[PDB]
Each structure stands twice: as C-alpha cells, then as structure tokens.
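So the structure is just underneath, and the comments pick up after that.
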Protein chains: 2
Amino acid sequence: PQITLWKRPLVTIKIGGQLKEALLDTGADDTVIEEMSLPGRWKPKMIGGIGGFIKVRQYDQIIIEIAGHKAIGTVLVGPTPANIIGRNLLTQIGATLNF
Amino acid sequence: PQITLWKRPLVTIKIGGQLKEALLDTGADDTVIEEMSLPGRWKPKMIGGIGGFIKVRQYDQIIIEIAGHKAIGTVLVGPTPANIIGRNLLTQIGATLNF
Ligand SMILES: CC(C)(C)NC(=O)[C@@H]1CN(Cc2cccnc2)CCN1C[C@@H](O)C[C@@H](Cc1ccccc1)C(=O)N[C@H]1c2ccccc2C[C@H]1O
Ligand SMILES: [Cl-]
Ligand SMILES: [Cl-]
C-alpha cells in the first residue's frame, strides 16, 4: 500500500502467534516489541531512544508478518512505549519513503 | 526521491541559513533539532520516546528546507540525540511510505 503520514503509520503484525499493532518507523534501526515470549536463545542489548537507553532481550531469526508481508529478522523485546517496526524489517517488506 | 531503508534515511536540511543532517523519521510525531538559535518566542513541550521524555523549546512557523523541499512549520529544539524530521514536516513535503 501507500501510507500517508497524517497520523501514526500503524499496522497489524503477527509475531509469536500473536496479533499486535506496531508503528512503521524509518527512524528506528531495530524492531522493538513490548514484553512477550519468543522462541530460542536471546542475549541482552541496550538501545537508545530520544529519552535515553532501555535494556531489551535480543532474539534472532524471528518470523514476522507485517501488514500481510512476511519477513525474518532480529526482534528486540522489552519495556518499549510503542511496538516499533524498524529498518531491519522494513527493508524486507520492500518499504520505501517517497516524496 | 524514493528512499530505501538499508541505511539510515539521512538528508540535508537548511534552517537559519545553515545546512544540517537530519533523519527522516516516520515514527516521530514532531521535528526536533539539536541546540541552535531560532527567532521569536517559544513554548514548552515534552516529547517522549524510548528511554523517557525530554524537555524542548517549541518554535512555530519556522522556515526549513528538507532535501531541497521547502516547508514552514513547527520545530522543537533541545537535547535530542539526533536531528529528526517527523511527521509534521514529512506531510508538508508530501512524503509517504510505500510497499
Ligand atoms: C530502536 C529504537 C526504537 C530505540 N530507536 C529509536 O528510538 C530511535 C532513536 N534515535 C536517536 C538515537 C538515540 C540514541 C542512540 N542512537 C540514536 C532517534 C530516532 N528514534 C526512532 C523514533 O522513531 C522512535 C519513536 C518511538 C515512539 C513512537 C511513539 C510513541 C513513543 C515512542 C520516537 O521516539 N518517537 C517520538 C518522537 C521523536 C521525535 C520528536 C517527537 C517525538 C514523540 C514520539 O513520536
Ligand atoms: Cl535483522
Ligand atoms: Cl530494495
């Protein structure tokens, strides 16, 4: 689709067998989701936002469906104020910024 | 342009007669720039992201060019970790997300 920016660009995602709403975020290097369970090994990571850093769990090779489009990549899980789809997964669904 | 997301979507902006680098950020509601002088009066604002909130100065109706596209709108100034062009100005320059 073509998504305008009048409002936050929120879409439905399927991750870990769950449906969530998430923000398509070209400013985010990484994908960060609120607390949930994910399969496999993880390792801790610190990620920095406009108000400083938070600690998250990094899970690799996680399959996600983003507004109907499948991808695989790293997903960070922690106390984020918003579910965020970052560039690591936006590239995979073919998302571009156009003007 | 059509900007892919394999790297950060950084562009040159011009504000106050000076060129700066800034991030085109669909996850940002507002536009925030590192400390600089702007004309007129300012209003208080708090903006929240990962990590928490920061206090910024809100300046309205500021002339800014974004990748050569002219805009006039609200620019926040404060201790942001990065110059960010948010949706208030991305809409002015006609930007969309497409996949
Ligand atoms: C991976 C992670 C998510 C941690 N990245 C970021 O937070 C990066 C940080 N960098 C910088 C960085 C920081 C540290 C280290 N390297 C890089 C600058 C750009 N942000 C991306 C932003 O788009 C993130 C959003 C998240 C959010 C959306 C809605 C509600 C809460 C949080 C963000 O912070 N947006 C906020 C925002 C942003 C600007 C102006 C106003 C507002 C309000 C709000 O929309
Ligand atoms: Cl990845
Ligand atoms: Cl591509």
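For reference, chains are lettered A, B, ... following the sequence lines as listed. In chain A, numbers come from the PDB entry; the residues present are 1-99, in order. By the PDB entry numbering, chain B shows 101-199, in order. Note that ligands are numbered from 1 as they come in the structure, with each ligand's atoms numbered from 1 the same way. According to its header, the structure was obtained by X-ray crystallography, 1.4 Å.
Found at ligand 1 is the drug indinavir. Per the PDB entry, the macromolecule making the most contacts with indinavir (ligand 1) here is protease RETROPEPSIN. With heavy atoms closer than 4.0 Å, the chains neighbouring indinavir (ligand 1) read A, B.
Site of indinavir (ligand 1) with heavy atoms closer than 4.0 Å: A/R8, A/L23, A/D25, A/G27, A/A28, A/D30, A/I47, A/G48, A/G49, A/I50, A/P81, A/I84, B/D125, B/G127, B/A128, B/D129, B/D130, B/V132, B/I147, B/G148, B/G149, B/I150, B/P181, B/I184. Set against the non-hydrogen atoms of A/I50, the atoms of indinavir (ligand 1) under 4.0 Å away are 34 (O), 37 (C), 38 (C).
From the protein, the heavy atom lying nearest to atom 38 (C) of indinavir (ligand 1) is B/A128 CB, 3.5 Å. Nearby ligands and ions of indinavir (ligand 1), counting only those under 4.0 Å: none. Among all non-hydrogen protein atoms, the one lying nearest atom 11 (C) of indinavir (ligand 1) is B/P181 CB, 4.0 Å. Of all protein heavy atoms, the one closest to atom 36 (C) of indinavir (ligand 1) is B/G148 O, 3.3 Å. Distances from atom 23 (O) of indinavir (ligand 1) to the protein include at least one heavy-atom value under 4.0 Å.
Atom 3 (C) of indinavir (ligand 1) has as its closest protein heavy atom A/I84 CD1, 3.6 Å. Looking at A/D25 next to indinavir (ligand 1), an N or O pair under 3.5 Å apart turns up. The shortest N/O to N/O separation between A/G49 and indinavir (ligand 1) does not fall below 3.5 Å.
Here the protein heavy atom with the shortest distance to atom 41 (C) of indinavir (ligand 1) is B/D130 OD2, 3.6 Å. For indinavir (ligand 1), the atoms sitting less than 4.0 Å from at least one non-hydrogen atom of A/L23 are 28 (C), numbered in the order shown with element in parentheses. Protein heavy atom closest to atom 30 (C) of indinavir (ligand 1), with residue, atom name and distance, is A/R8 NH2, 3.9 Å.
When only interatomic distances are considered, the shortest N/O to N/O separation between A/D29 and indinavir (ligand 1) does not fall below 3.5 Å.
Under a 4.0 Å criterion applied to the non-hydrogen atoms of A/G27, indinavir (ligand 1) contributes the atoms 8 (C), 19 (C), 20 (N), 21 (C).
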